[PDB]
Q: 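Pasting a structure here, questions to come.
We name chains A, B, ... by the order of the sequence lines, and we start the count at 1 in each one. Per deposition record, electron microscopy, 2.8 Å. A restricted portion of the entry is shown here, and the contact count covers that portion and nothing more. All heavy atoms count here, side chains included; hydrogens, waters and symmetry mates do not.
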Amino acid sequence: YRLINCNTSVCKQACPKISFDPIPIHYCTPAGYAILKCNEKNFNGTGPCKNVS
Amino acid sequence: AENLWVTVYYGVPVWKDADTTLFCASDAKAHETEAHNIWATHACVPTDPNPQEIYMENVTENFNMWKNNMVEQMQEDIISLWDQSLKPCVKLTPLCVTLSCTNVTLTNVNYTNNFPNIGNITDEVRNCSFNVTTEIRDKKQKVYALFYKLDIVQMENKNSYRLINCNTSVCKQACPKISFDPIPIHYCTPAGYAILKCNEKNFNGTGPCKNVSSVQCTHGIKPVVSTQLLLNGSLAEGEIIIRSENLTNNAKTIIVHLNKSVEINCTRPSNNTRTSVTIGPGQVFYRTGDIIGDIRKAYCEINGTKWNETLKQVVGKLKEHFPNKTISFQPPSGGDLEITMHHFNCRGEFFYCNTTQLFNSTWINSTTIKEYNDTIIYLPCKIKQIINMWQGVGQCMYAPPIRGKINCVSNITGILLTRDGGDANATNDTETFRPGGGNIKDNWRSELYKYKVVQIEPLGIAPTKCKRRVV
Amino acid sequence: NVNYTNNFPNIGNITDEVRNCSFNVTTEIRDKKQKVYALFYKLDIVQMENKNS
Amino acid sequence: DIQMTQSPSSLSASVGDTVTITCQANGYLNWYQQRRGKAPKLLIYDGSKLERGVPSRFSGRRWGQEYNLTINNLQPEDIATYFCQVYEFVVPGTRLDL
Amino acid sequence: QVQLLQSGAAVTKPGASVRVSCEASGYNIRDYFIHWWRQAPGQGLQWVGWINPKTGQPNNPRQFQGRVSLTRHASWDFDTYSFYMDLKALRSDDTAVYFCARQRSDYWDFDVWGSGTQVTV
Amino acid sequence: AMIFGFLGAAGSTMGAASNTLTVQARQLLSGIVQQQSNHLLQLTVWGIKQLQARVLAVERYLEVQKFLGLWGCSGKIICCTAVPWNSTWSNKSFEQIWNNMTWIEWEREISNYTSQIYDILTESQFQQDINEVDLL
Amino acid sequence: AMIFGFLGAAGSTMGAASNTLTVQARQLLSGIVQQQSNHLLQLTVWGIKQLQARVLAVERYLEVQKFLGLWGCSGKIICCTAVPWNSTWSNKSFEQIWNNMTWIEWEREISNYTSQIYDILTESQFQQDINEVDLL
Ligand SMILES: *[C@@H]1O[C@H](CO)[C@@H](O[C@@H]2O[C@H](CO)[C@@H](O[C@@H]3O[C@H](CO[C@H]4O[C@H](CO[C@H]5O[C@H](CO)[C@@H](O)[C@H](O)[C@@H]5O)[C@@H](O)[C@H](O[C@H]5O[C@H](CO)[C@@H](O)[C@H](O)[C@@H]5O)[C@@H]4O)[C@@H](O)[C@H](O[C@H]4O[C@H](CO)[C@@H](O)[C@H](O)[C@@H]4O[C@H]4O[C@H](CO)[C@@H](O)[C@H](O)[C@@H]4O[C@H]4O[C@H](CO)[C@@H](O)[C@H](O)[C@@H]4O)[C@@H]3O)[C@H](O)[C@H]2NC(C)=O)[C@H](O)[C@H]1NC(C)=O
Ligand SMILES: *[C@@H]1O[C@H](CO)[C@@H](O[C@@H]2O[C@H](CO)[C@@H](O[C@@H]3O[C@H](CO[C@H]4O[C@H](CO[C@H]5O[C@H](CO)[C@@H](O)[C@H](O)[C@@H]5O)[C@@H](O)[C@H](O[C@H]5O[C@H](CO)[C@@H](O)[C@H](O)[C@@H]5O)[C@@H]4O)[C@@H](O)[C@H](O[C@H]4O[C@H](CO)[C@@H](O)[C@H](O)[C@@H]4O)[C@@H]3O)[C@H](O)[C@H]2NC(C)=O)[C@H](O)[C@H]1NC(C)=O
Ligand SMILES: *[C@@H]1O[C@H](CO)[C@@H](O[C@@H]2O[C@H](CO)[C@@H](O[C@@H]3O[C@H](CO[C@H]4O[C@H](CO[C@H]5O[C@H](CO)[C@@H](O)[C@H](O)[C@@H]5O)[C@@H](O)[C@H](O[C@H]5O[C@H](CO)[C@@H](O)[C@H](O)[C@@H]5O)[C@@H]4O)[C@@H](O)[C@H](O[C@H]4O[C@H](CO)[C@@H](O)[C@H](O)[C@@H]4O)[C@@H]3O)[C@H](O)[C@H]2NC(C)=O)[C@H](O)[C@H]1NC(C)=O
Ligand SMILES: *[C@@H]1O[C@H](CO)[C@@H](O[C@@H]2O[C@H](CO)[C@@H](O[C@@H]3O[C@H](CO[C@H]4O[C@H](CO[C@H]5O[C@H](CO)[C@@H](O)[C@H](O)[C@@H]5O)[C@@H](O)[C@H](O[C@H]5O[C@H](CO)[C@@H](O)[C@H](O)[C@@H]5O)[C@@H]4O)[C@@H](O)[C@H](O[C@H]4O[C@H](CO)[C@@H](O)[C@H](O)[C@@H]4O)[C@@H]3O)[C@H](O)[C@H]2NC(C)=O)[C@H](O)[C@H]1NC(C)=O
Ligand SMILES: *[C@@H]1O[C@H](CO)[C@@H](O[C@@H]2O[C@H](CO)[C@@H](O[C@@H]3O[C@H](CO[C@H]4O[C@H](CO)[C@@H](O)[C@H](O)[C@@H]4O)[C@@H](O)[C@H](O[C@H]4O[C@H](CO)[C@@H](O)[C@H](O)[C@@H]4O)[C@@H]3O)[C@H](O)[C@H]2NC(C)=O)[C@H](O)[C@H]1NC(C)=O
Ligand SMILES: *[C@@H]1O[C@H](CO)[C@@H](O[C@@H]2O[C@H](CO)[C@@H](O)[C@H](O)[C@H]2NC(C)=O)[C@H](O)[C@H]1NC(C)=O
Ligand SMILES: *[C@@H]1O[C@H](CO)[C@@H](O[C@@H]2O[C@H](CO)[C@@H](O)[C@H](O)[C@H]2NC(C)=O)[C@H](O)[C@H]1NC(C)=O
Ligand SMILES: *[C@@H]1O[C@H](CO)[C@@H](O[C@@H]2O[C@H](CO)[C@@H](O)[C@H](O)[C@H]2NC(C)=O)[C@H](O)[C@H]1NC(C)=O
Ligand SMILES: *[C@@H]1O[C@H](CO)[C@@H](O)[C@H](O)[C@H]1NC(C)=O
Ligand SMILES: *[C@@H]1O[C@H](CO)[C@@H](O)[C@H](O)[C@H]1NC(C)=O
Ligand SMILES: *[C@@H]1O[C@H](CO)[C@@H](O)[C@H](O)[C@H]1NC(C)=O
Ligand SMILES: *[C@@H]1O[C@H](CO)[C@@H](O)[C@H](O)[C@H]1NC(C)=O
Ligand SMILES: *[C@@H]1O[C@H](CO)[C@@H](O)[C@H](O)[C@H]1NC(C)=O
Ligand SMILES: *[C@@H]1O[C@H](CO)[C@@H](O)[C@H](O)[C@H]1NC(C)=O
Ligand SMILES: *[C@@H]1O[C@H](CO)[C@@H](O)[C@H](O)[C@H]1NC(C)=O
Ligand SMILES: *[C@@H]1O[C@H](CO)[C@@H](O)[C@H](O)[C@H]1NC(C)=O
Ligand SMILES: *[C@@H]1O[C@H](CO)[C@@H](O)[C@H](O)[C@H]1NC(C)=O
Ligand SMILES: *[C@@H]1O[C@H](CO)[C@@H](O)[C@H](O)[C@H]1NC(C)=O
């Protein structure tokens, strides 16, 4: 047999101390920019949102 | 008088000589091709649709190339871009093994397919077989490839060869999606700096320029790389200019700049096939499996009459700086292959053309006009795959073969010459100039000779009669 | 050599502080091996087994 | 096209004297001294600048198409042949003796 | 320091060839031209030519055309260089001492010279 | 009379060049360097040269603005001061400056005293604020 | 009376320290960090530290200039305001402040009300502009 990856690319072994737990991330803007949030409960992807914050 | 007070003026038109960081700007039309060009990558900001060039009338500025920092900056960027584009590519360490090469055998008829009878690639390539590693480390396979004799050096035990680079450095294989096409680059300044431009038609490198104008970005500059002749450049406006740091010092290269372009037409008539083997996990090596169909040496076509004229006007300008001496041109006296042969690029195939018919003549006095009819000059050229263009400074590269036939048509805009010294024999009314010299920096002094970076000083102090009103 | 201590101090000599070691390395060609030698300080080499190795 | 000529071929300056040797040159000029069958060494380059290492005894100056090499406080070890050099043109020089 | 080690003297016959070697070790060799000088016995120096160490491009007068061949060999890491000079056809006139010199700046300042190699026929 | 471009009046005398101050002042911080820039894209060879061009364009603007604030000339194209002219920096008369000299020629003439003048200008504005606090 | 260096009057009372304001103010943006810095040279260990030092110097300068603009004190060393002093931030008399305290001691005493005072100063300047638009 052989490992599957050996004809596509080399693979690195994840370092033992590295943790895969997803912890929350907040994406924040610089000063002079802002983020608008749509507060409509039943809002599909597109169109005007009348409850912006 | 007593009525004069210090007044502060903002926005004054004053500048000083300065050095700064110039960023890139390229046209969008050449963009959005997804060809991943080496030089003017996606990082360049879009160029200004409406560039502004302001003529400053009563202004005389001292320009000095050979001391321009725009040239040194462009050298760092050109080398830096070359190295990073090759970083993700595939190393060719497994190919430093023993090669057992033999004469190539081919099957075709192809009776020269055309007028030129330079020769055929047989006796210019070798059929070499060697052992590499399959994707599995502990399995070895025997493969073959066609290598140019310039890329292999025999070590001992005749019929046993090796790649030239294997005792100097490891060479990466140019990634297939990378494009070598030089597209123009505009060098721009940050706000608070400016570029002065000399608009004199007949202006040598140094001295006052009486027709300065102000710009914000240089015109599109191609990073085209060549050794003996500048190609695809910008023609002179007034007439042929002979520019040299000191024409007396023979250690300094002479840059000739043409006002009339001369076409050079280079083609690779052969028909190579690109085949790939696997030399390791995720590593694939592209090689010339076979050359079937047309087999002929690569060549370049020059119109004979045009070169005579372009070589005749130049000696006219040379005779001004060397009044009572006869001018003759001779082929280079030695050096590396990049110096003794015209090196350039075409669709990723790197050529080395002889150019001895172009630079073998003597112009004694021009006593009488000599007339001859039109002829085409055919310059034999060689192809190389192991590429070291930065004088052993950058990363070595291996150029995979290009499928099919190759043709390139480019302009000749200048010549780099090197006068040779002497005491008694050289003073016998004769001056020999040989092509090539200098370095790749001179390939860009010919473009950035008219520019100068300055810093703006918008704060001015003057005496006026206006006094600040105290409360 | 002779070099009769060349000076007042008589601390000793490097002999018994270095070893003469020989090994196989690769030449510029990967599939060719050459035998070379070098002098190493005893602090830089640790014995593994099979004395004199 | 470099024109140069060293008029003094040889001279017999005594010990402790100051002697000047003149060389005309249409370009950059450098000064070398060479012992009997030895490698010349650089004393003055450009006609006025002192090399790092030569004592302050040696000095030269320029005016027009003429340069001077001056050796004040001559020493018995300052006997050699002196060159005025342009890019690739060199004259035989001048020899010192007591 | 900076040093240009030469080779020993050589004795040859008319019509033979010679190989004078100069070795530079203690600086950035690639950034300075190396010139070769010829000094016949009882005469002044003569200029043979310069070689560009970066590219190996030589330059010789009309007198030494087709006879002198200046070449250089560079170490793997460019720490040290070897500069060679070859004379193809020799006569009695070629008896001299050959120096390798290191041009320093645009003044053509040869601050460093080799010891000298006595070539006789 | 026609409007000039950037530095189009560099060769004209002061009397005529001072009518085009807003042309040079309007281009001190804004340029194409602040565009979107069409293997981290901001660590490439020109990803860095653009970043250091943006910081350079800002320090050049703030360097001039720092002095305007100290001298009390913020928000003015031409600002008058209370510092008498010292006839050691230059003793030329009105016609010998505003009708015979260019801004480049003049700034070189007084180049030795700009630093001294800058300190005097700053100190003068300080006295005005001192004299105002203990006056109201 | 002698001229002081940078922060040379940190230990003197306010009445004597306020005569050296231009010494500290003249060194806020300008320094040797903007030199030419004598393997990408701008990515080395000490090429990055110089870069972020240049950005640090700018932000510190703009952090003070932001307030001067809001309060209407642009281009002033000492700027008088229309905000009455509130005897809850501090009730010390003239002699207990300008003849008995250093600027460090004082700014620590009112440290709890600096944020409150900053908001009032901005609001005061806003009212002046409102009262001017509907007065002319
Ligand atoms: C001085 O200046 C002069 C003038 O500027 C320079 O001369 C010019 O140089 C440029 C570039 O070197 C030339 O452009 C190239 O032209 C060739 C040939 O075009 C002909 O063939 C096209 C079809 O190609 C197919 O057949 C040929 C055989 O004929 C075969 O060899 C080839 O592999 C392919 O199989 C025809 O389409 C074309 O007709 C028309 O095509 C366009 C419409 O489609 C039309 O707009 C054109 O005007 C033309 O009229 C013509 O008959 C092109 O093949 C080549 O195309 C490459 O580059 C462009 C971008 O420029 C890109 O969009 C293409 O996709 C292609 O890119 C491939 O190669 C790149 C490496 O070079 C690589 O990076 C790309 O990713 C891509 O490779 C990928 O795909 C291929 C399969 O396509 C795959 O095999 C790869 O593995 C990879 O996955 C250029 O357009 C000029 O022709 C030439 N002008 C003159 C007058 O000579 C001169 O070089 C300068 N000198 C110096 C020293 O600087
Ligand atoms: C390639 O490299 C070569 C080699 O470096 C270089 O050659 C230089 O060429 C320039 C221009 O051709 C030369 O500059 C000129 O020098 C002239 C001579 O200068 C010397 O003599 C001065 C006095 O001469 C007067 O008196 C004599 C008799 O005594 C009389 O014959 C003369 O005609 C003349 O009337 C002397 O003052 C001068 O000393 C100055 O310079 C030195 C060194 O620079 C300095 O150390 C001194 O302190 C002093 O400043 C020197 O000894 C000179 O006449 C000529 O002057 C013209 O220009 C000035 C403005 O600069 C005008 O005011 C004047 O009226 C003249 O019009 C000019 O200065 C230079 O000397 C050459 N260098 C060498 C080493 O030979 C090439 O230029 C290079 N080529 C390129 C393209 O770069
Ligand atoms: C590059 O450098 C050059 C040279 O350094 C520089 O050229 C100067 O440009 C300035 C422009 O700013 C010129 O100054 C202007 O000159 C105008 C013409 O003046 C002459 O003509 C006057 C009468 O003309 C009237 O009538 C004729 C018909 O006869 C008609 O065609 C005209 O249009 C016009 O209606 C005349 O009175 C005047 O005399 C003045 O000058 C002399 C000598 O200098 C002096 O002795 C007098 O006492 C008198 O002052 C002259 O003969 C002129 O109209 C114009 O005036 C307007 O502007 C001034 C600004 O203060 C106002 O006060 C005035 O009321 C007008 O509105 C102005 O004076 C100057 O003459 C040029 N210099 C030369 C040598 O040609 C370029 O500008 C530079 N360019 C750059 C890009 O840097
Ligand atoms: C470190 O800390 C120390 C201590 O905290 C600090 O020392 C203080 O420094 C300040 C300087 O700013 C001193 O204040 C000055 O004091 C000067 C001297 O005042 C005394 O002498 C006066 C008479 O002197 C005259 O006559 C004599 C001959 O007799 C002659 O030599 C003198 O040169 C001078 O001509 C006298 O009138 C004065 O009395 C005052 O003070 C007492 C008590 O404080 C008070 O009761 C009085 O009512 C009167 O106010 C005192 O006895 C003084 O000349 C000087 O005045 C000038 O400046 C003021 C500023 O407002 C002007 O109004 C005035 O017109 C003058 O131009 C000023 O007052 C202070 O005395 C020091 N404190 C101590 C304890 O020594 C250091 O500065 C600190 N250093 C740093 C770097 O932080
Ligand atoms: C990496 O590998 C390359 C290739 O192997 C090395 O470059 C070669 O190095 C060898 C060893 O120095 C050179 O061998 C020399 O050959 C000379 C004759 O060849 C000349 O003529 C041929 C004609 O085709 C040319 O191609 C060639 O370039 C030469 O110009 C010899 O003369 C040299 O000296 C020997 O002979 C003379 C007598 O002639 C004796 O007096 C000497 O003592 C000596 O025995 C020398 O043998 C070879 O020329 C080099 N080739 C190239 C293309 O450079 C690199 O040096 C190597 N790099 C590293 C870091 O190891
Ligand atoms: C280069 O040499 C190789 C041998 O290593 C040739 O490959 C063989 O050629 C023979 C002759 O036609 C065939 O019978 C074999 O099938 C080929 N493959 C192998 C693995 O032996 C190759 O043809 C040669 N190429 C050229 C252009 O001469
Ligand atoms: C290119 O420059 C050359 C000069 O180097 C020009 O040739 C000159 O042309 C004029 C006009 O016919 C003649 O009077 C001169 O005698 C020519 N000079 C020489 C040295 O022959 C040529 O005309 C220019 N060409 C273009 C297109 O501008
Ligand atoms: C460059 O040279 C090639 C060949 O030397 C030229 O190709 C010829 O083009 C004509 C069309 O005008 C054809 O009829 C020929 O058959 C082509 N020759 C070959 C060998 O294919 C090409 O035209 C030249 N380029 C320029 C711009 O003139
Ligand atoms: C979202 O819902 C509204 C309300 O029905 C509708 O008009 C709109 O088309 C919807 N948009 C999409 C993208 O479905
Ligand atoms: C350029 O040309 C001018 C005009 O002849 C001349 O004075 C100057 O010396 C030249 N400069 C150079 C570097 O050749
Ligand atoms: C050239 O090589 C290709 C690839 O092997 C082949 O298909 C073609 O027939 C050959 N001849 C010509 C004229 O293209
Ligand atoms: C002119 O061109 C012909 C070939 O077309 C060439 O033989 C001749 O040498 C050229 N003229 C001169 C003066 O060399
Ligand atoms: C060339 O030399 C002759 C004398 O042989 C002379 O008359 C002529 O002026 C010289 N040419 C120039 C351009 O000086
Ligand atoms: C060509 O060059 C050779 C030397 O390389 C020279 O002897 C000859 O005169 C030149 N001209 C011709 C027509 O061969
Ligand atoms: C040039 O003309 C001559 C006639 O004298 C002729 O013999 C020759 O073949 C012609 N050559 C060319 C290239 O036209
Ligand atoms: C330089 O030497 C000449 C030789 O004649 C002499 O006349 C001149 O005075 C010397 N220059 C000096 C001493 O400055
Ligand atoms: C003018 O400046 C000089 C120093 O440049 C100074 O000595 C002189 O006192 C100043 N004039 C006045 C009136 O202050
Ligand atoms: C003074 O400040 C306190 C809070 O710090 C506030 O409650 C009080 O109202 C202020 N004084 C006046 C007169 O507004």
Q: Which drug molecule is found at chains D and E in this structure?
A: 3BNC117
Q: So I'm looking at this entry - what's holding onto 3BNC117 the most? Name it the way it appears in the PDB entry, please.
A: Envelope glycoprotein gp160
Q: Around 3BNC117, which other chains have a heavy atom under 4.5 Å away?
A: B
Q: So if I count heavy-atom pairs below 4.5 Å, which chain of 3BNC117 comes out ahead with chain B?
A: chain E
Q: Can you give the epitope of 3BNC117 on chain B, defined by heavy atoms less than 4.5 Å apart?
A: B:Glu245, B:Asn246, B:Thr248, B:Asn249, B:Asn250, B:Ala251, B:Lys252, B:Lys325, B:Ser333, B:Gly334, B:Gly335, B:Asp336, B:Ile339, B:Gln391, B:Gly392, B:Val393, B:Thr418, B:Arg419, B:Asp420, B:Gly421, B:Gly422, B:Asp423, B:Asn425, B:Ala426, B:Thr430, B:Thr432, B:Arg434, B:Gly436, B:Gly437, B:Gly438
Q: Could you name the residues of 3BNC117 within 4.5 Å of chain B, heavy atoms only?
A: D:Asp1, D:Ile2, D:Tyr87, D:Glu88, D:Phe89, E:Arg30, E:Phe33, E:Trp47, E:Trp50, E:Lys54, E:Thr55, E:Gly56, E:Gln57, E:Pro58, E:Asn59, E:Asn60, E:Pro61, E:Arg62, E:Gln63, E:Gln65, E:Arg72, E:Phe78, E:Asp106, E:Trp108
Q: Does the entry give chain E a name, and if so, what?
A: 3BNC117 heavy chain
